[PDB]
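The sequence lines are taken in order and lettered A, B, and onward as chains. Numbers in chain A track the PDB entry; the residues on display, in order, are 1-99. Quick note: numbers on chain B are straight from the PDB entry, i.e. 1-99, in order. Only heavy atoms go into these numbers, but all of them, side chains included; no hydrogens, no water, no symmetry mates. Remember, it's 1-based here, ligands and their atoms both numbered in the order they're listed.
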Protein chains: 2
Amino acid sequence: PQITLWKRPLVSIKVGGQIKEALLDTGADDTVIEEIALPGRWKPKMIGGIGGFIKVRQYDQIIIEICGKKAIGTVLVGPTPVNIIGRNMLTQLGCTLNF
Amino acid sequence: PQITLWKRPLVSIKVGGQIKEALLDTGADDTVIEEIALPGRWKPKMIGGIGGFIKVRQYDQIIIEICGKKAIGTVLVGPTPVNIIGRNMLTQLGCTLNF
Ligand SMILES: CC(C)(C)NC(=O)[C@@H]1CN(Cc2cccnc2)CCN1C[C@@H](O)C[C@@H](Cc1ccccc1)C(=O)N[C@H]1c2ccccc2C[C@H]1O
Ligand SMILES: [Cl-]
Ligand SMILES: [Cl-]
Ligand code: NA
């Protein structure tokens, strides 16, 4: 499909057995989600954007459904203002910018 | 052009008579550039990132050029780690998300 940007590119996603709303974010290197329960062991990580850095937990090989597609990859969990689908996942979806 | 997301979608832009590197950011509502000299009056504004809010100067009716295409709109000037081209400008360039 083709998503215009006249409004926020928000989509429904399934992760951690839960349905959530997330932002398709080309400006994000990684994918970070609000506090949620994920399986397996995690490693610490610092991610920075406007306003500085935040500490998140990194879980790997996590399954995520986005726009009727499945992606399996790294998912960060922490105090992010909004759920963010970053490039690590967007590439799995075969997403590209066009203009 | 069609831009893949394996790496950050950086592009050269023309703004304030200067040439700069900026990131095509679908998750960004606004366009924010590091300290740069812009003409006209400005208004103060607070914008929030994953790390918190930063204070910026809001300029309106600013023209930017990207890959031969031009757009006019609001440009925020402040301490941003990276220059960001947001949706308010991406729409004007006819930039879409495709997969
Ligand atoms: C207008 C402004 C630019 C202030 N907007 C944002 O920062 C929004 C904020 N919302 C949230 C919000 C905050 C307050 C109010 N409403 C909404 C979440 C989504 N971001 C957009 C991000 O894509 C911005 C980038 C900027 C950046 C890129 C590369 C290097 C440094 C900074 C961003 O924060 N990306 C980072 C990022 C993001 C997620 C996971 C990993 C990483 C690493 C890094 O790529
Ligand atoms: Cl990944
Ligand atoms: Cl605008
Ligand atoms: Na990016």
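Lab note: drug at ligand 1, from indinavir, atorvastatin, atazanavir, identified as indinavir. What binds indinavir (ligand 1) most in this entry is, by the naming of the PDB entry, Protease. Other chains having non-hydrogen atoms less than 4.0 Å from indinavir (ligand 1): A, B. By chain and number, the binding site of indinavir (ligand 1) at a non-hydrogen cut-off of 4.0 Å is A:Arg8, A:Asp25, A:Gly27, A:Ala28, A:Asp29, A:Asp30, A:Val32, A:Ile47, A:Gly48, A:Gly49, A:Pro81, A:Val82, A:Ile84, B:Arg8, B:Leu23, B:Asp25, B:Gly27, B:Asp30, B:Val32, B:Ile47, B:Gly48, B:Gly49, B:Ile50, B:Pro81, B:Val82, B:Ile84.
In terms of protein heavy-atom proximity, atom 16 (N) of indinavir (ligand 1) is closest to A:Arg8 NH2, 3.9 Å.
Shortest contact from atom 27 (C) of indinavir (ligand 1) to any protein heavy atom: A:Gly27 O, 4.2 Å.
Of all protein heavy atoms, the one lying nearest to atom 19 (C) of indinavir (ligand 1) is A:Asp25 OD2, 3.3 Å.
The single protein non-hydrogen atom nearest to atom 9 (C) of indinavir (ligand 1) is B:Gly48 O, 3.4 Å, given as residue, atom name and distance.
Set against the non-hydrogen atoms of A:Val32, the atoms of indinavir (ligand 1) under 4.0 Å away are 39 (C), 40 (C). Here is the list of indinavir (ligand 1) atoms found below 4.0 Å of a heavy atom in B:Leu23: 28 (C). The nearest heavy-atom contact from the protein to atom 40 (C) of indinavir (ligand 1) is A:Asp30 O, 3.5 Å. Of all protein heavy atoms, the one lying nearest to atom 45 (O) of indinavir (ligand 1) is A:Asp29 N, 2.9 Å. At the top of the distance list for atom 26 (C) of indinavir (ligand 1), counting protein heavy atoms only, stands B:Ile84 CD1, 3.7 Å. Near B:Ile50, meaning under 4.0 Å from one of its heavy atoms, indinavir (ligand 1) places the atoms 34 (O), 37 (C), 38 (C). Near A:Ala28, meaning under 4.0 Å from one of its heavy atoms, indinavir (ligand 1) places the atoms 23 (O), 35 (N), 38 (C), 39 (C), 45 (O). Ranking protein heavy atoms by distance to atom 34 (O) of indinavir (ligand 1), first place goes to A:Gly49 CA, 3.4 Å. Within the listing of indinavir (ligand 1), atoms 31 (C), 32 (C) sit less than 4.0 angstrom from a heavy atom of B:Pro81.
Counting the atoms of indinavir (ligand 1) from 1 in the order shown, those under 4.0 Å from a heavy atom of B:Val82 are 29 (C), 30 (C), 31 (C).
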